[PDB]
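Envelope glycoprotein gp160 in complex with VRC01.
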Amino acid sequence: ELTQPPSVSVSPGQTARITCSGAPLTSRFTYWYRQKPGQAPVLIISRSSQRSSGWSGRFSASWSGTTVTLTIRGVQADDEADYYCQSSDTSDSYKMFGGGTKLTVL
Amino acid sequence: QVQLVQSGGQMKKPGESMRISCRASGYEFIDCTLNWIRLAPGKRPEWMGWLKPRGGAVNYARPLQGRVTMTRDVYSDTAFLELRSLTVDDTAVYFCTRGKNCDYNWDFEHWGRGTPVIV
Amino acid sequence: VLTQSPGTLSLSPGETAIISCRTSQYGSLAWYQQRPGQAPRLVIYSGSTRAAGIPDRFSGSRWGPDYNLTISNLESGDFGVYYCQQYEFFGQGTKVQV
Amino acid sequence: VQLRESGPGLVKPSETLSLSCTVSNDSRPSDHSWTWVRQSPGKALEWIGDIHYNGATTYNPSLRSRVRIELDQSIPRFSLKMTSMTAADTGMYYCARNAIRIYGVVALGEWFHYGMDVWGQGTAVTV
Amino acid sequence: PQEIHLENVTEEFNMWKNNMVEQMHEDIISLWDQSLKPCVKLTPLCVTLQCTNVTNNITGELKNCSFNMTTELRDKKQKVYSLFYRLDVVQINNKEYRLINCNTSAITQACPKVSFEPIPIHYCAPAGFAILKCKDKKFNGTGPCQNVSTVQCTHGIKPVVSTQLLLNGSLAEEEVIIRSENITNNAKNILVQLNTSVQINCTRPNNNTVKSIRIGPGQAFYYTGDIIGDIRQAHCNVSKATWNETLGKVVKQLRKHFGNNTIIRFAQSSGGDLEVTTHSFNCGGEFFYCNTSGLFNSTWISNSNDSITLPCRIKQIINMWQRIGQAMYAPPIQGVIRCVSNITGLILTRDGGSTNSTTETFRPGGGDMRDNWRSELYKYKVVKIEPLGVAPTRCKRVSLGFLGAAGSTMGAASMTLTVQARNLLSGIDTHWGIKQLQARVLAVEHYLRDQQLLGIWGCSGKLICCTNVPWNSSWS
Amino acid sequence: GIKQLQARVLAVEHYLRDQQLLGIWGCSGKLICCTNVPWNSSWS
Amino acid sequence: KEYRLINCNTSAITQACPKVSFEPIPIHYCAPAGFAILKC
Amino acid sequence: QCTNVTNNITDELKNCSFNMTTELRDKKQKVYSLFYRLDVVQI
Ligand SMILES: *[C@@H]1O[C@H](CO)[C@@H](O[C@@H]2O[C@H](CO)[C@@H](O[C@@H]3O[C@H](CO[C@H]4O[C@H](CO[C@H]5O[C@H](CO)[C@@H](O)[C@H](O)[C@@H]5O[C@H]5O[C@H](CO)[C@@H](O)[C@H](O)[C@@H]5O)[C@@H](O)[C@H](O[C@H]5O[C@H](CO)[C@@H](O)[C@H](O)[C@@H]5O)[C@@H]4O)[C@@H](O)[C@H](O[C@H]4O[C@H](CO)[C@@H](O)[C@H](O)[C@@H]4O[C@H]4O[C@H](CO)[C@@H](O)[C@H](O)[C@@H]4O[C@H]4O[C@H](CO)[C@@H](O)[C@H](O)[C@@H]4O)[C@@H]3O)[C@H](O)[C@H]2NC(C)=O)[C@H](O)[C@H]1NC(C)=O
Ligand SMILES: *[C@@H]1O[C@H](CO)[C@@H](O[C@@H]2O[C@H](CO)[C@@H](O[C@@H]3O[C@H](CO[C@H]4O[C@H](CO)[C@@H](O)[C@H](O[C@H]5O[C@H](CO)[C@@H](O)[C@H](O)[C@@H]5O[C@H]5O[C@H](CO)[C@@H](O)[C@H](O)[C@@H]5O)[C@@H]4O)[C@@H](O)[C@H](O)[C@@H]3O)[C@H](O)[C@H]2NC(C)=O)[C@H](O)[C@H]1NC(C)=O
Ligand SMILES: *[C@@H]1O[C@H](CO)[C@@H](O[C@@H]2O[C@H](CO)[C@@H](O[C@@H]3O[C@H](CO)[C@@H](O)[C@H](O[C@H]4O[C@H](CO)[C@@H](O)[C@H](O)[C@@H]4O)[C@@H]3O)[C@H](O)[C@H]2NC(C)=O)[C@H](O)[C@H]1NC(C)=O
Ligand SMILES: *[C@@H]1O[C@H](CO)[C@@H](O[C@@H]2O[C@H](CO)[C@@H](O[C@@H]3O[C@H](CO)[C@@H](O)[C@H](O)[C@@H]3O)[C@H](O)[C@H]2NC(C)=O)[C@H](O)[C@H]1NC(C)=O
Ligand SMILES: *[C@@H]1O[C@H](CO)[C@@H](O[C@@H]2O[C@H](CO)[C@@H](O)[C@H](O)[C@H]2NC(C)=O)[C@H](O)[C@H]1NC(C)=O
Ligand SMILES: *[C@@H]1O[C@H](CO[C@@H]2O[C@@H](C)[C@@H](O)[C@@H](O)[C@@H]2O)[C@@H](O)[C@H](O)[C@H]1NC(C)=O
Ligand SMILES: *[C@@H]1O[C@H](CO)[C@@H](O)[C@H](O)[C@H]1NC(C)=O
Ligand SMILES: *[C@@H]1O[C@H](CO)[C@@H](O)[C@H](O)[C@H]1NC(C)=O
Ligand SMILES: *[C@@H]1O[C@H](CO)[C@@H](O)[C@H](O)[C@H]1NC(C)=O
Ligand SMILES: *[C@@H]1O[C@H](CO)[C@@H](O)[C@H](O)[C@H]1NC(C)=O
Ligand SMILES: *[C@@H]1O[C@H](CO)[C@@H](O)[C@H](O)[C@H]1NC(C)=O
Ligand SMILES: *[C@@H]1O[C@H](CO)[C@@H](O)[C@H](O)[C@H]1NC(C)=O
Ligand SMILES: *[C@@H]1O[C@H](CO)[C@@H](O)[C@H](O)[C@H]1NC(C)=O
Ligand SMILES: *[C@@H]1O[C@H](CO)[C@@H](O)[C@H](O)[C@H]1NC(C)=O
Ligand SMILES: *[C@@H]1O[C@H](CO)[C@@H](O)[C@H](O)[C@H]1NC(C)=O
Ligand SMILES: *[C@@H]1O[C@H](CO)[C@@H](O)[C@H](O)[C@H]1NC(C)=O
Ligand SMILES: *[C@@H]1O[C@H](CO)[C@@H](O)[C@H](O)[C@H]1NC(C)=O
Ligand SMILES: *[C@@H]1O[C@H](CO)[C@@H](O)[C@H](O)[C@H]1NC(C)=O
Ligand SMILES: *[C@@H]1O[C@H](CO)[C@@H](O)[C@H](O)[C@H]1NC(C)=O
Ligand SMILES: *[C@@H]1O[C@H](CO)[C@@H](O)[C@H](O)[C@H]1NC(C)=O
Ligand SMILES: *[C@@H]1O[C@H](CO)[C@@H](O)[C@H](O)[C@H]1NC(C)=O
Ligand SMILES: *[C@@H]1O[C@H](CO)[C@@H](O)[C@H](O)[C@H]1NC(C)=O
């Protein structure tokens, strides 16, 4: 699986960095989801274009070795949520899904 | 004055692959088809396949397809025969041959010294 | 598709050896002489044409699908295994022995 | 392009679960990978499996032996069957359109998963 | 062009011994070398390359390669980035790579203005010679041809380079024609001429940005700078229905050649270099190497706009008509490449080697390129005209129908001498100019040898010259 | 070199075309060849 | 300061052989066989 | 950089070591080759 910290805590207005890592994460795109209690885990980091992931957004993601960082700019109380990463297997035989990191804003 | 020089004296266990060379001389290597033929006492000589330089095209004998590979280096005038998986039935002397006249490659006037392979 | 009948043919030196070969295909045939411990050499090609350097004792062919290599006056350089080739197929072979 | 789920309110222990998901007013459901996820309340979310209209399926290797996924190509509905689920295995089951965007020729592998953009809801039905 | 049918001429043709194929091969090599010679030699490109994979920003046919390249000044070097294909780049020593043909052979850059579009070439005999065209609709390619005509020269033959499949050119008139020197000889190639073409839509979808740098005084090196869009891979398309029908036609003709209960299997090229194992062809100047496994993936048992997409790799360093010491670099072309070709034939190789019959497997075999031109020149034979004849008689002393009466009896063929005697002087790029000069000198030489023979015989202008030589019954 | 030899061949070909044309006219050996073709008064 | 030869970035500069002189000499252009040169 | 070939122990062939180019312009190789005295001159 993709190892994640169990929790992260930042102050409002700061940039949050939520990370995950694993072997299959080095060759397959890492997608990120934001789940609110009582609501579906909608996408925050989607893939668009084969050679960039880009996508104008408040959020943004960085790939470095075996670790992928979700960088959230301008974190506010509205961003408190469970953030999960997903990536496919190196042969795309299954999708591997991370345990999630809880982001709280205090 | 064509003389084919094979690298041999190779002994291997069942399940291993063999790779044997054949260095060409006395003619333009790139322009004439070479053949690999397997001879053994008590068995019909089995043609392994032809390799045609100036492209390197191959034709592997039907019962060997998936196990026999042939390649070459036109800059060393050398052909190579490789068998991916040997069994006890592959014990034989492997010969590198060329036809008498490159228009018809089956009249094997030019044979190499031969490579005994014991499995 | 290519069957050689004599098998282990036996003859003393000086006798004539007749090596039959039944062919199921049309195409040029070749005869090869393999001495023990040595690579085979071409002796006959195109049915009855002698390879360069081969003594005149080697000959014989027919228009039908039955070839008959005639080897007369056998010497110490003979008495090997003779093979019958038609394209990829070489036949069982026929050991020539005293 | 909306997703709405359906299923029983209660199932028996160690019994097959059957869920469905209805796709509403989309234009090309045949492009996307239709998938299900399972989440234990308060705990980690995991993917269980997916299916494409071309007949390809994938399943989580730890769960594969007990999960079967089907889609109806005539009526745009996505079905899930899970054999012998119990309390230690169950959780809220969500359906999603793991959207696929095509950049080249799909026969050559020139498609990339976009992600589960559109989501339905789910209930941790058990016992 | 005036073609003259030869009413009753039966002429033995042999496309496998046709000197036009050897001459066309030599001419294509000479034209390639002459067009490539006055171009950038790319000696400075044989450097150690620092190549990384072309990446998606989140994670491999193309490699982004960094080299210390020369400039117009020899004391200064520049760092150059360039996207090369994996098939052009050989790994030496992690990150250190070099070009495929830098350790062996020299790589000459094609001049950027040179066009690789095949343009039909008519191979024409000098006056005094003629080309016999075989019009037999189902012609085997060898043996007697019953419908024979003469031309000064052939139809336009595009010098198309292709390997497994024959692109563009002539189609068969009635049915797929399977031509081989000996179909039972597995060392010979089988040239399939189709009666219907299979359209092959092929593209390099990459929007390559082409950069140009100097690598010496006057030596401009053209290379791919970046890709504006998605990388994708090049590919060719043929429809399933047309290709499957084409293979059905091919197996019907092979069953005509083989047993009528034979299982015919098409399988991928079992080995060889990329020019043999893939369908190698020039698409607008770019060099495509199409996998073609998906075409030759079928077992035929004797009894919709859905396309087969063939992956194609692209090479920039090409060694075509494989020769010791030669290589060419094809510069990239700005933008997206698409070409639509007609597949007019196939080159198949039968495997054989089995005593268990009823099944035959035919794999593509690129072979040499003499077969691609043989598949166009199969109808043509070059003959020297011998206009001076001698025959017993009772004497004591427009270009229509040029070789007509050749298959007719004498006498009837003695009434056409006026037209045969005419057009023997005129007929019915350094390399081409020298071939034109050789053709004109040879035509004049033969014309004058025949006119000189007439002169010394006292026949300088009679056309029918009766003489004082008694006929010797020992001659005929 | 090539262009000069091509010029020589062209000179030979033009000579032979004139000699061949005279031969067709039966004039190849006469230099001044009187023949049986009436002159049209329209030709000045 | 740094300089380069004016034509090194555009052309391959070839040095004239020291034995070769550029003094002009009369060149006579002659008609080939079958041609004449007319002079006014 | 040439030395006499010698008899290994004591003094027409010169054993010459030089920095020759390789198939890659960036890289050089040390080459040891035997030249005849008539093929070389001193600098
Ligand atoms: C050999 O045979 C082969 C097999 O037959 C054949 O393969 C075919 O190749 C061609 C290319 O050569 C392929 O064409 C591609 O097709 C893709 C899919 O096209 C469909 O979908 C798009 C998207 O439209 C969505 O939205 C509208 C809006 O309402 C809906 O109506 C659509 O249904 C669809 O919505 C879906 O998704 C929603 C999301 O929730 C769902 O709700 C919904 O239900 C749907 O599922 C349409 O635009 C297409 O129609 C248009 O097609 C072309 C123009 O594209 C026109 O002719 C036509 O009239 C229509 O306008 C179609 O319906 C395309 O995505 C893909 O386009 C990319 O590539 C082309 C290259 O030509 C680029 O020019 C173009 O810009 C696109 O690049 C962008 O997108 C890709 C993919 O994400 C990125 O990788 C790329 O970087 C770039 O991204 C940029 O734009 C993005 C926004 O789009 C943005 O996010 C990025 O940040 C960035 O800015 C292309 O057209 C074709 O699919 C192949 N076929 C098969 C079966 O595989 C081959 O050609 C043959 N070869 C030969 C030589 O003959
Ligand atoms: C010589 O000819 C023979 C006879 O034709 C060929 O062998 C035949 O091949 C076909 C082609 O597969 C077999 O048919 C069926 O194949 C499927 C598997 O399909 C493959 O190809 C499709 C291409 O569209 C692809 O989608 C599949 O991969 C998806 O599913 C995998 C499941 O394991 C998964 O690992 C993979 O990642 C992918 O899923 C991902 O993408 C989808 C996109 O839709 C997405 O939704 C999903 O979530 C994932 O991200 C797969 O490669 C089988 O399931 C069928 O059972 C069936 O086999 C023929 O059966 C087969 N015949 C024989 C006799 O073997 C030879 O290949 C041919 N040779 C050559 C060299 O070409
Ligand atoms: C078999 O025959 C077909 C049909 O002739 C042939 O496909 C054709 O190839 C030519 C050359 O690639 C294509 O014409 C090109 O079209 C593009 C369209 O963008 C032009 O940009 C190209 O121009 C380039 O070349 C010019 C040379 O004169 C330059 O002046 C110019 O600057 C460009 O560099 C060029 O016009 C033609 O469109 C296709 N035909 C089709 C239907 O697509 C095919 O290649 C032949 N097969 C083989 C193997 O060669
Ligand atoms: C394949 O190659 C052969 C040459 O090796 C081609 O010619 C064939 O040659 C054989 C003799 O080697 C001919 O044999 C015939 O045999 C019968 C019965 O004995 C006899 O009556 C005939 O007069 C003749 O000798 C065979 O006919 C001849 N083939 C043909 C078609 O005439 C052979 O043609 C090549 N195969 C193909 C398909 O082109
Ligand atoms: C080759 O070099 C010359 C000289 O650098 C270039 O021509 C221009 O020369 C004037 C001299 O005053 C400069 O001010 C210009 O800036 C030069 N132009 C450029 C574009 O550099 C000439 O253009 C160069 N040739 C090429 C092909 O780049
Ligand atoms: C072919 O010739 C027919 C007559 O053939 C002639 O006479 C026979 C006896 C042979 O000597 C043969 O060589 C001669 O050509 C014609 O009737 C027939 O039409 C001709 N066929 C064509 C022109 O297609
Ligand atoms: C070096 O050249 C030889 C031919 O001389 C070739 O076989 C070899 O593959 C090349 N080296 C590499 C590393 O590819
Ligand atoms: C490039 O891709 C290949 C794929 O096999 C991989 O092994 C290699 O490490 C990659 N190299 C880099 C520099 O990313
Ligand atoms: C260019 O040369 C320098 C010399 O120090 C070297 O460090 C550098 O790596 C070289 N660059 C490339 C791209 O090979
Ligand atoms: C020759 O042409 C005629 C028609 O002119 C045709 O009937 C005949 O079959 C042709 N011959 C062959 C051998 O194809
Ligand atoms: C092809 O060869 C066969 C061999 O028997 C012959 O009968 C047939 O007439 C030939 N076909 C043509 C068109 O010449
Ligand atoms: C092409 O050849 C096939 C051979 O089976 C034949 O059936 C078909 O009618 C021919 N079609 C055309 C258009 O020539
Ligand atoms: C391709 O074939 C069709 C008939 O199938 C023909 O009309 C067309 O001219 C051909 N085109 C090319 C480019 O060869
Ligand atoms: C190929 O392209 C032509 C136009 O160039 C198009 O009309 C045709 O539908 C395409 N066909 C195939 C088989 O790819
Ligand atoms: C290659 O590397 C250079 C480094 O500056 C970069 O600018 C360029 O975009 C890279 N090319 C690709 C295709 O990634
Ligand atoms: C091709 O034609 C054969 C006819 O025997 C048919 O059975 C087969 O399904 C066809 N194949 C394809 C891929 O359409
Ligand atoms: C073509 O593809 C097949 C499988 O698709 C592969 O096994 C084969 O090696 C490829 N051939 C070449 C020449 O790349
Ligand atoms: C490539 O991209 C550039 C971006 O400016 C665009 O102008 C050009 O038209 C594109 N070319 C093709 C062939 O798609
Ligand atoms: C006819 O030919 C024979 C043999 O060539 C020769 O001896 C004889 O003299 C010739 N007759 C005449 C009359 O010249
Ligand atoms: C002379 O010219 C006239 C022009 O009308 C033509 O009718 C006539 O036949 C010509 N006569 C000769 C002898 O050429
Ligand atoms: C080689 O030996 C000769 C013997 O006369 C001596 O003079 C010379 O200096 C020696 N050279 C070297 C390089 O040792
Ligand atoms: C080769 O170059 C190195 C550079 O350090 C130098 O020390 C060495 O002496 C040179 N070798 C020869 C044989 O000239």
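In the text below, chain A, chain B and the rest are named by the order of the sequence lines, each starting its count at 1. Contacts here are counted within a displayed part of the entry, not across the full deposit.
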**Prompt:** Could you point out every ligand or chain corresponding to VRC01?
**Reply:** chains B and C
**Request:** Identify the other chains in heavy-atom contact with VRC01 (chains B and C) at a 4.5 Å cut-off.
**Result:** E
**Prompt:** For VRC01 (chains B and C), which residues of chain E fall inside 4.5 Å when only non-hydrogen atoms are compared?
**Reply:** E:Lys17, E:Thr104, E:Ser105, E:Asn182, E:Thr184, E:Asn185, E:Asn186, E:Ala187, E:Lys188, E:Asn189, E:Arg265, E:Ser270, E:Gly271, E:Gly272, E:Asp273, E:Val276, E:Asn319, E:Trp321, E:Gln322, E:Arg323, E:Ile324, E:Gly325, E:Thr349, E:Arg350, E:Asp351, E:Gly352, E:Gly353, E:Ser354, E:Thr355, E:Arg363, E:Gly367, E:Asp368
**Prompt:** Under 4.5 Å, heavy atom to heavy atom, which residues of VRC01 (chains B and C) neighbour chain E?
**Reply:** B:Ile30, B:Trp47, B:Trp50, B:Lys52, B:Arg54, B:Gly55, B:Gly56, B:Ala57, B:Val58, B:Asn59, B:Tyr60, B:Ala61, B:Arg62, B:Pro63, B:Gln65, B:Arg72, B:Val74, B:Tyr75, B:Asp103, B:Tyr104, B:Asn105, B:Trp106, C:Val1, C:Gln25, C:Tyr26, C:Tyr87, C:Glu88, C:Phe89
**Message:** So what's the organism behind chain E, according to the entry?
**Reply:** Human immunodeficiency virus 1
